[PDB]
Amino acid sequence: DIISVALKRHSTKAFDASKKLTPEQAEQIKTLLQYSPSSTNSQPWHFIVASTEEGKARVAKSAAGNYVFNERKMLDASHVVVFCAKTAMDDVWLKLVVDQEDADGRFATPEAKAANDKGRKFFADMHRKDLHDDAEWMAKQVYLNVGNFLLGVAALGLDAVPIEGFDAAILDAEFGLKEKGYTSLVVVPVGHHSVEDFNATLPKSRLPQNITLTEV
Amino acid sequence: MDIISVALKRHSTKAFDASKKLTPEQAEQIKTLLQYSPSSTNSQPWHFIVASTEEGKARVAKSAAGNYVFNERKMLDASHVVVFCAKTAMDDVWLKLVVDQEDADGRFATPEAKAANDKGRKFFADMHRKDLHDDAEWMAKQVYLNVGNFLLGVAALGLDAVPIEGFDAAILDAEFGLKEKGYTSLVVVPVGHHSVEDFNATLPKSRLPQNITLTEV
Ligand SMILES: Cc1cc2nc3c(=O)[nH]c(=O)nc-3n(C[C@H](O)[C@H](O)[C@H](O)COP(=O)(O)O)c2cc1C
Ligand SMILES: Cc1cc2nc3c(=O)[nH]c(=O)nc-3n(C[C@H](O)[C@H](O)[C@H](O)COP(=O)(O)O)c2cc1C
Ligand SMILES: NC(=O)N/N=C/c1ccc([N+](=O)[O-])o1
Ligand SMILES: NC(=O)N/N=C/c1ccc([N+](=O)[O-])o1
């Protein structure tokens, strides 16, 4: 079941470059990215899915300097997902989200739509006008998406590794993200592990629940 | 179902049936999901409060105050309610705890492997706690990743849930003495079975189209 998946998945340290996702799997990973929940359904994100050699090479430019030992993961995997967050929460995006919810038939009346918009703005304004942490708030939603994604891809029988060891300034510049209103946060190569993936057979290790978990 | 079915079917439950409890097996399963989430460097910079008694849930629900009152019943009515907390600072005792646990579990072939893993972990941790002074946000991001893993996992178990940011973290922290223990509350997730008042159970899901959010290269 899903608990078996959670207990058996791992962060892949080396990919077999001959092993590709099926077209079906490639569509399934896009669906996972799209259907993640987020605060107010704000979906404050953009994904770059690199599957060509040229595309993956562009992403791998970010595995520079002290991050060079992540480069092969980006090159050898089948599909490499760059998770990006918006850099500021703007009204046009808030309108885009509520209009999409309306198109999907979530509102019975104009009043219901207006109440949803008002509630979304309560949370958005708390972050972007009061706390001034909307960049962080949106980034947190993207990390939530990554968590959904890693479990989902494992459940599809695919290997992956989440990567923070990359140069986001290089990756942003490579895809012109800043000027488009986004910034790169996590890179996740997806594919099938190779024999060089020493982590595939190592035991999982987590802190005991008697440290991390209180029942009340 | 496959996992894509779960992703397409799950929803944020707006009202729970307080008579429908998790089985003992399910209660163990949700704790496993919390524990086994990945995180940057396996830093696991988190604490979970799992409230299953009516007394415990009532206390968590004290945080649904003021502008957050319309999340109160979700917290009272679900079988189990999980409070996801992050560490407020990444200290060296914790970094040692994590590498010592990895060693106990058998991840290192030699003392040199263990040292190299420790060195690599500190490379990342020090970038945040020393260069950028943003380790609190870095750790909070790992907690959000855990929440994403959790919501999909509990849905795949056939359980309803809702992630909640609409709560007063000052009240919740004080209620469980979190700050003085070195933690702060970020997300509350009631888990159980929806009630007849869950208007969201039958509404269509809505997401932005991929032509807006997704570029293939
Ligand atoms: C946000 C995030 C960033 C990570 N960055 C890297 C990375 O740059 N390179 C790498 O090899 N592993 C990376 N990892 C993998 C972690 O070390 C791994 O998740 C952790 O040790 C737990 O092991 P598991 O993923 O096999 O369960 C990262 C994980 C997360 C969650
Ligand atoms: C971090 C986070 C916090 C949220 N906070 C609340 C909340 O306080 N109350 C609530 O009813 N729903 C909350 N939601 C639910 C979102 O509105 C919901 O995830 C989004 O509309 C997408 O719908 P779905 O979860 O049904 O797919 C939150 C979701 C996330 C991810
Ligand atoms: N943040 C969200 O996604 N949605 N929040 C919904 C609600 C409903 C009641 C409250 N509340 O804060 O009382 O937040
Ligand atoms: N951040 C992590 O969890 N683990 N990182 C592992 C590695 C391995 C190589 C690199 N790197 O940055 O080149 O990071």
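Letters A, B, ... label the chains, following the sequence lines from first to last. Chain A is numbered as in the PDB entry, which gives 2-217 for the residues shown. By the PDB entry numbering, chain B shows 1-217, in order. Method on record in the header is X-ray crystallography, 1.7 Å. As the structure lists them, so they are numbered: ligands from 1, and atoms in each ligand from 1. Below, each value reflects all heavy atoms present in this structure, side chains not excepted, and no hydrogens, waters or symmetry copies.
- The name given to the drug at ligand 4 is nitrofurazone.
- Per UniProt, the macromolecule making the most contacts with nitrofurazone (ligand 4) here is Oxygen-insensitive NAD(P)H nitroreductase.
- In contact with nitrofurazone (ligand 4) at heavy-atom distances under 4.0 Å, by letter: A, B.
- Restricting to residues UniProt lists as binding NAD(+) in chain A, the heavy-atom distances under 4.0 Å from nitrofurazone (ligand 4) involve A:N71, A:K74.
- There are UniProt FMN-binding residues of chain A with a non-hydrogen atom under 4.0 Å from nitrofurazone (ligand 4), namely A:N71, A:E165, A:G166.
- Going by the entry, the organism behind chain A is Escherichia coli.
- Here's the thing with B:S40: none of its N/O atoms is less than 3.5 angstrom from an N/O atom of nitrofurazone (ligand 4).
- With distances taken over non-hydrogen atoms, the option nearest atom 10 (C) of nitrofurazone (ligand 4) out of A:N71, B:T41, A:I164, A:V69 is A:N71.
- Looking at A:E165 next to nitrofurazone (ligand 4), an N or O pair under 3.5 Å apart turns up.
- Residue contacts with nitrofurazone (ligand 4): A:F70 is placed with a nitrogen or oxygen under 3.5 Å of a nitrogen or oxygen of the ligand (distance criterion only).
- For nitrofurazone (ligand 4), the residues with any heavy atom closer than 4.0 Å are A:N67, A:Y68, A:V69, A:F70, A:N71, A:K74, A:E165, A:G166, B:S40, B:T41, B:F124.
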